[PDB]
Participant: 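Before my questions: this is valacyclovir bound to Peptide ABC transporter permease.
All chain A residue numbers match the PDB entry; in order, they span 9-496. Whatever order the structure lists ligands and atoms in, that order sets their numbers, starting from 1. Every heavy atom of this structure was used, including side-chain atoms; hydrogens, water molecules and symmetry mates were not.
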Amino acid sequence: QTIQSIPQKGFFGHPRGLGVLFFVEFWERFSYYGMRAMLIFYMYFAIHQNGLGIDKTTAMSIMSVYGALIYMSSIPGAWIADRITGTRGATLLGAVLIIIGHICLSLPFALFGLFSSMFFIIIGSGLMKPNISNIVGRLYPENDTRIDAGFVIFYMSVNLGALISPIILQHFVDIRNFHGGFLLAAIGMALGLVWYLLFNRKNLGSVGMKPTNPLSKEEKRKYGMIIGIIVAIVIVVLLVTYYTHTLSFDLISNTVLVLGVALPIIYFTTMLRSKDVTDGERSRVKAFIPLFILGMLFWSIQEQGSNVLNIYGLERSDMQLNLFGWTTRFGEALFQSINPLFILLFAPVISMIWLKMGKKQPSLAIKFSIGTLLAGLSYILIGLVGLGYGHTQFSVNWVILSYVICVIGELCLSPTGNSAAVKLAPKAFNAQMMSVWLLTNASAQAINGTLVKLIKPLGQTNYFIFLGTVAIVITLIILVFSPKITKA
Ligand SMILES: CC(C)[C@H](N)C(=O)OCCOCn1cnc2c(=O)[nH]c(N)nc21
């Protein structure tokens, strides 16, 4: 049995093994969102300043390409746990890969060590991020109503890592010792691994040690042919372009652009088709299409506060926090800590707003429209500030006020799109619907990987006013069809 092997208690009233993976996902997401927050500055900083010296636009662009691939790679890694390794194996493999990628940035490998890092982390992330989340659900038996808060606590380490690590890592940016910071994250990740190795056998029991739908003899051949070849075609066209000096990041940034727009369509096409989706569950899939837009428009802006907003604040504002007499230097890595901090504070409190309303709750597109409008309004804010002040160095107060408006928008849109991801998924294409909602984050990130090239031609300020406006315009449009979508 799956639930007879594992302790049903031991961690704030939940199964002991939720204590094991909290400590694992904490030390992973800590070193991820830490690395993720130096990395931008390790790229477009000058060589004398220990950086690498990459074009400001290639560096902003890597950031969104790197991001999107973290989330696309959850799709084959959900698969490899499903057909070859099982959830446990994939997570262990994923973790060991990640630590390799962090160690790479610690070594002085300049442009090679950067991408080998991206390679090793992206790989392990898809084997770990989605399959660690699988194992936590499988710890609760079929009719166990604890599973709900058990995921709230799990994702609480997610925000705890992502809160604490920009804080700590801020010093290695000031003393411009990038290598040393990537080593801290690197260790921090190993802590998680050691802890899993030491205590995974006894708290997780036998869960996910075997794959669910393993591959038959002929499937091992078919798939190992197909997958084998694409790996070859890819390798070659990289090899070919490196040694003919054709290769830049426009190859990668355009590929992913393509995937990020291709992959949502396939999923809705293979979904809306098939006679396995009744007339009830269909049309509802046509009703998530609009929501998928509003989730794409939203995460566009949100995930840009990791490569666009924070550069703008470092270069265009006084970087001096200034609240009711409390002034201090606002460290630039500290921008990536607002977004989790307000989640950790106000995830429980936007939970009461919807519970005290019961049925007069906002609809579902209503949330999705609220949270896209705000993110939209948030880019209109910072654009207008820059437009008012012009050349004069304004307060970093304003740059923070954008981040906040955005994270308040997410409070309506993050808890709803994943409540609704695998809520009304077709009672056959459930995972296929998990993969949809997640792509709201991956497509935004592949669109951003190319969207940022409009900064030079439109100017840093006007950029901000164009994006905020497509968000609000296109949101209001969909809001007129907001009763038809609600019929579901
Ligand atoms: C900048 C970051 C701190 C960012 N706001 C953040 O908290 O990212 C969380 C990492 O993404 C995974 N994740 C977090 N919450 C959820 C969630 O609620 N559902 C799913 N499927 N994935 C989630």
Participant: Listed by chain and number, which residues of other chains have a heavy atom closer than 4.0 Å to any atom of valacyclovir?
Facilitator: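 Counting heavy atoms, the site comprises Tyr41, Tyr79, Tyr163, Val166, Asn167, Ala170, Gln310, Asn347, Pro348, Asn426.
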Participant: From which organism is chain A, by the entry?
Facilitator: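 The entry lists the source of chain A as Staphylococcus hominis.
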